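Written out below as structure tokens is the structure these notes cover.
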Amino acid sequence: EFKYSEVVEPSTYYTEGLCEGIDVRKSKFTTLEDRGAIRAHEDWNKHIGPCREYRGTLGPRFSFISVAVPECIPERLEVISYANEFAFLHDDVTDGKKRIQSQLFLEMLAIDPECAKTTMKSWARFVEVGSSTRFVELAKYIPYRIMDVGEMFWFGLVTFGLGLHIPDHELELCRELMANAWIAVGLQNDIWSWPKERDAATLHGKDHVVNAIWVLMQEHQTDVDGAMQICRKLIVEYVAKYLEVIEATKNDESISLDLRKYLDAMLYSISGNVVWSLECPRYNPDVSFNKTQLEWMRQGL
Ligand SMILES: NCCC(O)(P(=O)(O)O)P(=O)(O)O
Ligand SMILES: [Cl-]
Ligand SMILES: [Mg+2]
Ligand SMILES: [Mg+2]
Ligand SMILES: [Mg+2]
């Protein structure tokens, strides 16, 4: 079942109890994410503007894709990391000679035509219905944040990296079974991106912060630490909830073999998001990169 990654020893990483019952798996080719990610920096620095040693998907020990999508097809590992950085590089713009990224798309047709064609169209619904605020109730924030984190982007990204062909009729079915998983990673990110996003709202003149922490502070009339405790409590529960879905969806043949794989692959995106966000320079400024990672950022590839 797993032939592209290994299980990381539980006594070597911190979980904070936010992914109980899930193994932490790391891609056996993590150096491919580096080159793919760093080349996105260089292409950024060469075509749109300054970009050197950017803190995004990369980590010194756990890079996002290498640990969130550990069973990614090795030959596709570089190009997925290339796209993931541009995703990270664009979310910061959210918070033009850039149309010359058709080289990314055309590269994916050289690998898999049908998988890419759906993914590119999966990103159509993402980009086009993304541009179209301020939440004080959590029940209303969950539907929004589910989109704002990038579910459609991730769907097209993983399915290509795993080579999954889900029939067009299960597309509405799939999104209604990873609700608990997507709520989990959404609250997780809102906790660890909170400092950089709270600092962000301080400059724009924002009286609000589009973050679960701020939302909970308004809805429950509590402070920062009070919201953190509530948020962490919900994550554990929603993580548990999704784990029940897995055992229930283990044996249905009307379910695609691919979709059944994709549901299982969502587990390690949860455990991966935990170990990554706890170390990544994106949320942890004081953390430095690898010798190898730097040597390619400074000296190039
Ligand atoms: N996975 C999306 C997370 C973010 O992009 P977002 O701002 O939560 O969309 P981050 O700023 O935390 O990197
Ligand atoms: Cl821990
Ligand atoms: Mg952001
Ligand atoms: Mg954002
Ligand atoms: Mg965030």
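Shown for chain A, in order and in the PDB entry numbering: 2-96, 135-171, 176-344. Method on record in the header is X-ray crystallography, 2.3 Å. Both ligands and their constituent atoms are indexed starting at 1 by order of listing. Only heavy atoms go into these numbers, but all of them, side chains included; no hydrogens, no water, no symmetry mates.
This structure shows the largest set of contacts to ligand 1 coming from the chain UniProt labels Fusicoccadiene synthase. In this structure, of psilocin, edrophonium, brivaracetam, acivicin, pamidronate, the molecule at ligand 1 is pamidronate. Here is the list of pamidronate atoms found below 4.0 Å of a heavy atom in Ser236: 12 (O). Counting protein heavy atoms only, atom 11 (O) of pamidronate is closest to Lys239 NZ, 2.6 Å. Shown in contact with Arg325 at under 4.0 Å from a heavy atom are these atoms of pamidronate, numbered in order with element: 10 (P), 11 (O), 13 (O). Using 4.0 Å as the cut-off, the other ligands and ions neighbouring pamidronate are ligand 3 (magnesium ion), ligand 4 (magnesium ion), ligand 5 (magnesium ion).
Within pamidronate, counting atoms from 1 as listed, the ones closer than 4.0 Å to a heavy atom of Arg188 are 6 (P), 8 (O), 9 (O).
The single protein non-hydrogen atom nearest to atom 7 (O) of pamidronate is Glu240 OE2, 3.0 Å, given as residue, atom name and distance. Among protein heavy atoms, the minimum distance from atom 2 (C) of pamidronate is reached at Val192 O, 3.8 Å.
Residue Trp235 places no heavy atom under 4.0 Å from pamidronate. Residue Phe89 approaches pamidronate through these ligand atoms, each under 4.0 Å from one of its heavy atoms: 13 (O). For pamidronate, the heavy-atom contacts closer than 4.0 Å come from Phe89, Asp92, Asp96, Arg188, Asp191, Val192, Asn232, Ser236, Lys239, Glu240, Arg325, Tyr326.
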